[PDB]
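The following structure: kanamycin with Ribosome inactivating protein.
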Amino acid sequence: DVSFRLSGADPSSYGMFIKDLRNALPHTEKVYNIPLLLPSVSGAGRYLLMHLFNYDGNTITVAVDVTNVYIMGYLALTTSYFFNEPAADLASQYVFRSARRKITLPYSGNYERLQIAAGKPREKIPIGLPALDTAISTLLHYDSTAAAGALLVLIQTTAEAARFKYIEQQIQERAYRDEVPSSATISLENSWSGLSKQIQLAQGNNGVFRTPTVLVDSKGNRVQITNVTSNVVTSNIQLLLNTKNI
Ligand SMILES: NC[C@H]1O[C@H](O[C@H]2[C@H](O)[C@@H](O[C@H]3O[C@H](CO)[C@@H](O)[C@H](N)[C@H]3O)[C@H](N)C[C@@H]2N)[C@H](O)[C@H](O)[C@@H]1O
Ligand SMILES: *[C@@H]1O[C@H](CO)[C@@H](O)[C@H](O)[C@H]1NC(C)=O
């Protein structure tokens, strides 16, 4: 298990948590020095439990599929909540089994679904450590509309930060003040599977992408990533979705 406490949190302790999160994900290879997530894990070992504590010390446990980072559901007091999707129902067979009741959320875990439920795109949802504190609090008491927005915050401040060093730094900058994610942040989130695939296709292609990945940069400019010498590959991305799962 990995843990993060919002009480007394700072860029350092958050950095420690994201490091722990990455280190809890199993790999047997690195591709271009980046850990390659496993094709599959069987049984309960497939799911990492993240223990998150809001400022007041209240807690949720979040279940994360270790092969893809995907958060399937969470436990709040004695109630479990899972996304409305086959992978999450499968997760419900292994985690939070001692919960008194199980609620299936009325949406899948997809942005194309969470943004609809929340009533807003995540370009307009501020993220940061204060937002994460809020998200935890929201998820403690069931409210499906509010939970959608909370989950958008949760996903980006945990999973997306684990995958991209840039996103981790974005959140560290938002330690004490929330701000909507940069265009670059959104771009990276949307491109993770694409980038993972192309970095893997590059291993037999002299480090060259079979298909270029288009990203927005930090200055707000749109750029083509064509090979492994790009800063996104050498410095930014921290985890690769296995092509078996793409
Ligand atoms: N991004 C990683 C983090 O956020 C995901 O959310 C995103 C899923 O990445 C994407 O992929 C799958 O999402 C759902 C899970 O299968 C499915 O509904 C969907 N059909 C799939 O495409 C989807 N496209 C958008 C959604 N924004 C997670 O579940 C998660 O908790 C994880 O830590
Ligand atoms: C690789 O990417 C860099 C940009 O990061 C670019 O300057 C260069 O032209 C690319 N090389 C190839 C072979 O595509």
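Nothing fancy with the numbering, it's 1 onward along the sequence. Heavy-atom basis, side chains included; hydrogens, waters and symmetry copies ignored. For ligands, and for the atoms within them, numbers begin at 1 and follow the listed sequence.
- Including duplicates, the parts belonging to kanamycin are ligand 1.
- At a heavy-atom cut-off of 4.0 Å, the residues contacting kanamycin are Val69, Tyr70, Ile71, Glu85, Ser108, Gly109, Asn110, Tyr111, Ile155, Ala159, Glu160, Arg163.
- In the PDB entry, the organism given for chain A is Momordica balsamina.
- For atom 1 (N) of kanamycin, the nearest protein heavy atom (residue, atom name, distance) is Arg163 NH1, 3.0 Å.
- For atom 33 (O) of kanamycin, the nearest protein heavy atom (residue, atom name, distance) is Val69 O, 2.5 Å.
- Listed by number with element, the atoms of kanamycin under 4.0 angstrom from any heavy atom of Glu160 are 1 (N).
- For atom 7 (C) of kanamycin, the closest non-hydrogen atom of the protein is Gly109 O, 3.5 Å.
- Other ligands and ions under 4.0 Å from kanamycin: none.
- Between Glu112 and kanamycin, not a single N/O pair is under 3.5 Å apart.
- At under 3.5 Å, a nitrogen or oxygen of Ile71, whether backbone or side chain, sits near a nitrogen or oxygen of kanamycin.
- At the top of the distance list for atom 32 (C) of kanamycin, counting protein heavy atoms only, stands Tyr70 CA, 3.0 Å.
- Nearest non-hydrogen protein atom to atom 17 (C) of kanamycin is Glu85 OE1, 3.6 Å.
- The contact set between kanamycin and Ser108, taken as ligand atoms under 4.0 Å from a residue heavy atom, comprises 18 (O).
- Proximity of atom 10 (C) of kanamycin to the protein is not indicated, since no non-hydrogen protein atom lies closer than 4.0 angstrom.
- For kanamycin, none of its N or O atoms has an N or O atom of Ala159 under 3.5 Å away.
- The single protein non-hydrogen atom nearest to atom 27 (N) of kanamycin is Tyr111 N, 2.6 Å, given as residue, atom name and distance.
- Closest to atom 4 (O) of kanamycin among all protein heavy atoms lies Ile155 CG2, 2.9 Å.
- Considering backbone and side-chain atoms alike, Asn68 places every N or O at 3.5 Å or more from each N or O of kanamycin.
- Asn110 OD1, 4.6 Å is the protein heavy atom nearest to atom 21 (C) of kanamycin.
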What does the contact table look like for kanamycin (nitrogen or oxygen on each side, cut-off under 3.5 Å)?
{"from": "kanamycin", "atom 1": "1 (N)", "to": "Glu160", "atom 2": "OE2", "distance (Å)": "3.4"}
{"from": "kanamycin", "atom 1": "1 (N)", "to": "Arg163", "atom 2": "NH1", "distance (Å)": "3.0"}
{"from": "kanamycin", "atom 1": "1 (N)", "to": "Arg163", "atom 2": "NH2", "distance (Å)": "3.4"}
{"from": "kanamycin", "atom 1": "6 (O)", "to": "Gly109", "atom 2": "O", "distance (Å)": "3.0"}
{"from": "kanamycin", "atom 1": "18 (O)", "to": "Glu85", "atom 2": "OE1", "distance (Å)": "3.2"}
{"from": "kanamycin", "atom 1": "18 (O)", "to": "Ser108", "atom 2": "OG", "distance (Å)": "3.1"}
{"from": "kanamycin", "atom 1": "18 (O)", "to": "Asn110", "atom 2": "N", "distance (Å)": "3.3"}
{"from": "kanamycin", "atom 1": "24 (N)", "to": "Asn110", "atom 2": "OD1", "distance (Å)": "3.0"}
{"from": "kanamycin", "atom 1": "27 (N)", "to": "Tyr111", "atom 2": "N", "distance (Å)": "2.6"}
{"from": "kanamycin", "atom 1": "31 (O)", "to": "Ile71", "atom 2": "N", "distance (Å)": "2.4"}
{"from": "kanamycin", "atom 1": "31 (O)", "to": "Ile71", "atom 2": "O", "distance (Å)": "2.7"}
{"from": "kanamycin", "atom 1": "33 (O)", "to": "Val69", "atom 2": "O", "distance (Å)": "2.5"}
{"from": "kanamycin", "atom 1": "33 (O)", "to": "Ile71", "atom 2": "N", "distance (Å)": "3.1"}

